[PDB]
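Proteins come first, then strands; the chains are lettered A, B, ... in the order of their sequence lines, and each starts at number 1. Just follow the structure's listing: the first ligand is 1, and inside any ligand the first atom is 1. For the numbers below, each heavy atom of this structure counts, side chains included, while hydrogens, waters and symmetry mates do not.
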There are 2 protein chains.
Amino acid sequence: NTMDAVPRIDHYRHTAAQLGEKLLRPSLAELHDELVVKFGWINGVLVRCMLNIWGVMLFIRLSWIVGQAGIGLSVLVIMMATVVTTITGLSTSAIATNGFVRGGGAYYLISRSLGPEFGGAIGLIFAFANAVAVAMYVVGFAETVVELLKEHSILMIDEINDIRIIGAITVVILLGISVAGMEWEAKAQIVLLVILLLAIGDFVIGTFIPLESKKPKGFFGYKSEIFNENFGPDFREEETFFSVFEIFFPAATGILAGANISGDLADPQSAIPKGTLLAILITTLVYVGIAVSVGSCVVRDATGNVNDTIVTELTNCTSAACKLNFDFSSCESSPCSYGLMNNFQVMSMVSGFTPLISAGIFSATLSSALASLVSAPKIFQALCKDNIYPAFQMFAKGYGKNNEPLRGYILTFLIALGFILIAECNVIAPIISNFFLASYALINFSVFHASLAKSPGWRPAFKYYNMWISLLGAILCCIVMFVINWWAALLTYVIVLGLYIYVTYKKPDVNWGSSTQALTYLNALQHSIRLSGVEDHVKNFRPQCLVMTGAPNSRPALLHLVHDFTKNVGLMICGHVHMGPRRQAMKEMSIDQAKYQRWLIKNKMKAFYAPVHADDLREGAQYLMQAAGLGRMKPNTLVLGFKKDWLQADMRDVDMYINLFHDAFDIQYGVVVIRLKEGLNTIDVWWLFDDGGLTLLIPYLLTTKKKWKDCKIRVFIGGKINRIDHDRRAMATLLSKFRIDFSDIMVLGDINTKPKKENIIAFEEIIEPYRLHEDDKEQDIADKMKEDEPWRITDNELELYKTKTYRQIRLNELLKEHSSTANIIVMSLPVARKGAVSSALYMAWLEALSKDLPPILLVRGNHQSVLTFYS
Amino acid sequence: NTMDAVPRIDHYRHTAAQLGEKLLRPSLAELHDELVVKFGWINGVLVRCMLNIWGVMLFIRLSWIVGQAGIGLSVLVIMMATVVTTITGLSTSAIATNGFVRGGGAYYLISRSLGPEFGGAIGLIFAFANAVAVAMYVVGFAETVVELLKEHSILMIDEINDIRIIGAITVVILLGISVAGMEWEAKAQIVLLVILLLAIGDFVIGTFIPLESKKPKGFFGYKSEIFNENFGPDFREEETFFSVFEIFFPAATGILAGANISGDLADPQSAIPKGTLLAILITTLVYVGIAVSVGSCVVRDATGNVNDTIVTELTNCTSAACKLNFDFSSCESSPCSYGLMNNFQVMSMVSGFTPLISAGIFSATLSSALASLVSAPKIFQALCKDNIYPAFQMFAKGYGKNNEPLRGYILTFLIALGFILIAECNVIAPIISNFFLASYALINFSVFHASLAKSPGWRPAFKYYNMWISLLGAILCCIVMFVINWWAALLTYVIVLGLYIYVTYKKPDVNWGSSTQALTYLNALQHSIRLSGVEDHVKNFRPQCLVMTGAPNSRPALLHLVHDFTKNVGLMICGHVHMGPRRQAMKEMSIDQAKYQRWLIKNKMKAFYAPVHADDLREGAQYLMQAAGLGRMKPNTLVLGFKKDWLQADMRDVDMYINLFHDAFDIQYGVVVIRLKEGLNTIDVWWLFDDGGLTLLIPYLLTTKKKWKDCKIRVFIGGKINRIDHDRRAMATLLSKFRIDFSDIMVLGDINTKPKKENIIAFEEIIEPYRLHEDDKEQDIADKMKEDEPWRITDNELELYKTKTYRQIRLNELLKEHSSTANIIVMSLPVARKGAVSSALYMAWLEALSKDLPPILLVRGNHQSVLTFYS
Ligand SMILES: CCCCNc1cc(C(=O)O)cc(S(N)(=O)=O)c1Oc1ccccc1
Ligand SMILES: CCCCNc1cc(C(=O)O)cc(S(N)(=O)=O)c1Oc1ccccc1
Ligand SMILES: [Cl-]
Ligand SMILES: [Cl-]
Ligand SMILES: [K+]
Ligand SMILES: [K+]
């Protein structure tokens, strides 16, 4: 409260409201200003990741992959898939150990890492991918059970339909077991893991246990010549190495099935890393070991038959089959019985109890399917909670004591059932495999992008993640999805890009500190730094304007006109000076900053809103002109709206306005004054005095823009009579060397001539309330009144400023007579000597010159060399 | 002078000094502050471009190209080469019509368009390319003359040596005619052009004039069946279409041979466009017309022999040769006499007088060689004048009334002679052809890059150049140089990149308004705009610091320390407040801006120097804090050096320093104070009060950098006794959730305890000269002295600030006892209530706390939520 307090965790909690009644930080103004189920890492992320990786391939098609591709090359396949998977694991660990991750899985990580765009895109893709991987795992189980009940005669319908029936029944059962909370299905996956490990152990023991009954088959029991033969990549008619990797890689996916449970984990940012990485390690070790064992234990082909005798007749027999026995030897002529390349149930028979390995297949398939079916709706409901796609505002309610996406479970069940009864899993497989690849690629790109933008808030807790390995992982994921069904990769990239576009044009109104935001800041900073090293030059001058807008709403069309000759060229800083007590005005600026900056961005005003606190408008603008900008983006021109209200405004205010003029001149700023009717085809430019070229550059830049592109830029000047043609030719060659594509140059000799009586008497009537009438009251009352500036010095300030006023009024008359048909007028701003002219008289000059006309820009330049005709 | 003057061309002339005595612009301060041979376009750029394009191919190898590739495909070849050439012509015209081009050619255009890097690189490449194209043209003439003097028996030596002899003699003659001024060689090219056009006319007339003597040859005189046959692309054993285009394209090059004479043209920016484009038009028309005529007039092969009788025996004769006559019919069996595909002198014989066409070949070759030999040294001497490569500071003197590169002429003559006597022009041809391609590519990229950066000074006088056609031209040049000898294109790209690197690491100290500079500004502006649309978030906070450096030289290691936790992360604005009269201080700021900004860039300080003019340091820094920055790059922290001199400084100055502290607090700025020994392994952080997380973020960012990466970040806090273990565990979990990888957390209970007598008496002695001794002089003298702030209120300001001082001194003692071994110390900055504490007492607090210690950062934060453990 009154005294500063020691730091506590309570200060930084709930980020909007988290126990705010206790441990609330004291504000700087207060000190200064004077007066329900959660899973551990073992059973929540280790078991689930391990149990999701282990699927159909481990027990069915692995003997095939090690049989065709050689042992030394099948291990290469496994190692490449594991490099991709492990690099993605490090990336996921880096993302997960950054903050506290609320709910969902890969979606939440990627979204909160680098923006709702990639977040929503890849989250939707991953939710679909897991929802259908449910169907893939369950139909693998269907193939297993139908093979078992076709080898054992009893069957009900044709295989292509019995698979559908059994898959539908068991996916219904999977929904039932999953929809009943997560303690129950957690224990269910525990018992499935026990069964799976029993199957692995049975295979290992049986592989160490050879027998003569299986001798006719490829089973021989660790014979060295079998290993020597199987090292080679003995392929088949069609399957190439890339196709082999394509077959295997689905077995590599399934990691971060615990990360998808991040919403229900007891302690993320400590369970995700050492659960996912350790699960990948264990599963890869098991794959490699079992592959080398089965390759070293069984042979390619075996004419399994007792009639195949081990008598071993003395023949050449170059094949190493007869090296063990004449049985299962020399069957290459016709398609012999079975073997690694000719059978799949090798895994079953090399082991001991065939049931204890069959149960391995069922447990692996069910466990992987159940893990995917739990993971998909968590991701989906996290995605729907953020309402990136408002169409799915449902699927996020999550009925139950622990938020469980019942609707998400039903939706993923329907999707899985639909893809089961489609029964075309073979053709859909590459699409979904490289959806998984796309998700992994965006995770590694998540880490790389986060490390690329410095972002002091990046700072993850988990080391071992360096940026280049993550970039390599993204590249490898892209290359692998090219390897797997190139056109599927193109389709996946199209889907990603389409969702990206959809989200970036939706622009969900949400902010969670993307790495994209950090990169934006860092990029803008780096280019400002490189600009700071770029020396100035005439033909790279830009009108970079501080515009005393006030509130940017107050003068809209003025803002548009300035934006016209500053869009995509030069700077535009909309300055607004705030007033009054410091404490209240801090909050005033804080809200106006957001409001007006968003208003500019919404209205495509590439401008910069700069609020300052100051005692009055003059020294607030002094603040702005002195300090606004960054590097060589500091303003060089001050833009004002003509203070139309001076006849009614307090004369101190208009004096402040004129001293603003004078300050801008004093600190080497060009001044532009815009007088237009704000209630809401030639550009006429009367640039009678060489301001330095700015009075040319403004209309030319206006002609550059599309709005004024179809409008001539005819020019007027003043010159002595009898030299009219000479002056016009010199003017034409002068600005033809400036490449200002004029349309008609007019030369006026009527300047410096006494204007009509009506106009002079009108100006005298206007100035009468402020000319101080310095006739009587010689010095005492005269000096007493002059103790405040804003009166015109009758005698003193109308001696030569008499002809100054005459030129002003006559110029106004000339703009009436000649340029009244212009779409826009740009004319030299009159300059009065500092202190020599009463501010009232100078404002009267501006009124007299600028009144009753189309839009006017009274441009006076820095008197530098703004334009050039060199190169 | 005193009065503003009408604009005149004299104001913008010579850009440093050009008739400055007459027509000198009046300065804004003055108004405001109170008190020898030149060539026209016909003979300088039209004749030269036309006469350089027309070379060997027109009269020697063109019959070959139209004979092998079909008429409808030879015209396609010519049209593609002309598309490349004409797009480059539009680009060159756009570049040349921008400013006034001093001297040189393509070098000056490209350099002054987009920087000395591409300028010097491509200028050197083009100078070499023209220097050796001299050799190519002259050896073509050598082949012509040796063929003429071998058909006419008299010969001197073997052809491979007679060509060398005649080429050497005639290149010596070419030097002689070129080294004798440009009026003489201009008239020489005039007469060569007359000869060439006579040859063209003779060919046309002879082609309209058929005869029986040439009837046995391919000459038949516009027979329709000959045209119908020749439309097809009847190629040969080896020559493919791409090879054909490779042969032709050297004939397309040679444009901007007048642009290389830009230094000696009477009026560039009006001669270059309508000379180069018209010359390309005329030459392409002549190529196309002569190609179609010779294709429609002669046949592929002709067994030229009177014995070949036109008797026309009644045979099949599918070939259209016999359609005209049995002569020159059916010779395909063996290699028959000659023809389009079997002879080159067809051009000579289809015409009338063979001498009047032979003279055509000699005139074309000599004229092209002479044009190249004039153009190369102009480019070279322009390149050497800018001293981009200081090694060639010679070759630029240019002796003569008109600056003529005598040394350049000699150098190009030596290069041409060397490549003549090498006599390996066939193998070097693709290298030089795609050097020409590279130069054209950089010209089109010149225009595209210039149009890409808005740059109000771009604005060329010549329309018809839109940016996308120039980009297409650059792409086409790149593709064509791939077509011509791919590895030659790779070598050319390597040479370009190498010269680019050499120049960009040389960094010649010169500024001529590159388009690269404009692009740098525009890119930085665009990314600042996109940053302006990026909403704030806690975990994207950056310490973006306004550092009251003063002169950045004054405190170097302080600048380095701030740069350490701001490099590549957050902003760093080195503010310096200037003093005194406005007029002198304007120039002061103007010179200091350049000096200090260059000093920062040189010393790899990615900082921003911000000078302001102000009455005193306090309100200058007020200017800076209120207004510095752009968009969301405004500073959020104020960094000060501890005013070490306060014991000697005027007490008003240190009061100003403390009110600077207070202003920074008032406008919601965190404050960092650095006290280190500026005369010139654990980071200890004692962050006793929850500033909002900045006191953690600073040392962590220090640990991020390489300099401090190997240094622990151990932390100290204060806590009540009997809760030491609880407080330490809570602290550890708190900043482990903040991922600040601490090394040892220490908890101190000795805080809030009365420190030793020696330290308290030392502090009392220090504060004695300013405690105002408010014992006597009850109110009158007391209030009179208190009419100025900087004295300590003895009675009032030492009631509870007594225990404040006690904590300050005891904390100092503790830093001595514990953290004196640190490499750096970061501690909470004490905050005093505004106006409640005398500024002298607060400065004494800072002295007492910070004295006699390693580098200290007294960090006090905004009291916002700088750190977070969410995501
Ligand atoms: C992203 C992976 C989705 C699951 N698909 C899958 C998983 C595993 C495994 O073991 O995890 C093995 C294979 S497989 N038959 O070896 O290619 C798989 O492909 C299938 C499975 C059945 C139907 C169609 C395709
Ligand atoms: C960049 C072009 C340099 C000049 N080389 C050149 C010009 C012309 C032409 O007519 O301007 C025609 C040919 S050619 N024989 O048709 O390919 C040329 O190639 C040569 C010539 C002679 C020796 C070796 C190569
Ligand atoms: Cl996965
Ligand atoms: Cl050229
Ligand atoms: K799997
Ligand atoms: K040529």
Q: List the chief contact partner of ligand 1 in this entry, with the name from the PDB entry.
A: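 The chief partner is Solute carrier family 12 member 2.
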Q: Trying to sort this out: of ruxolitinib, penicillin V, bumetanide, which one is at ligand 1?
A: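 Out of the options, bumetanide.
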Q: Within the structure, which other chains come under 4.0 Å from bumetanide (ligand 1) at some heavy atom?
A: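 By heavy-atom distance, the answer is A.
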Q: Which of the chloride-binding residues UniProt records for chain A come closer than 4.0 Å to bumetanide (ligand 1), counting heavy atoms only?
A: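 UniProt-annotated residues with a heavy atom under 4.0 Å: A/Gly55, A/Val56, A/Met57, A/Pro250, A/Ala251, A/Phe436.
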Q: Any UniProt transmembrane segments of chain A (N-terminal one = 1) with a heavy atom under 4.0 Å from bumetanide (ligand 1), and if so which?
A: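 By UniProt's count, heavy atoms that close sit in segments 1, 3, 6, 10.
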Q: In the PDB record, where does chain A come from, organism-wise?
A: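 The deposit names Homo sapiens.
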Q: Hey, could you tell me which residues sit within 4.0 Å of bumetanide (ligand 1)? Heavy atoms only, please.
A: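 At that heavy-atom cut-off, the residues are A/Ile53, A/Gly55, A/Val56, A/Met57, A/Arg61, A/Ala133, A/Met136, A/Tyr137, A/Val139, A/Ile247, A/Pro250, A/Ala251, A/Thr253, A/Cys425, A/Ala429, A/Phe436.
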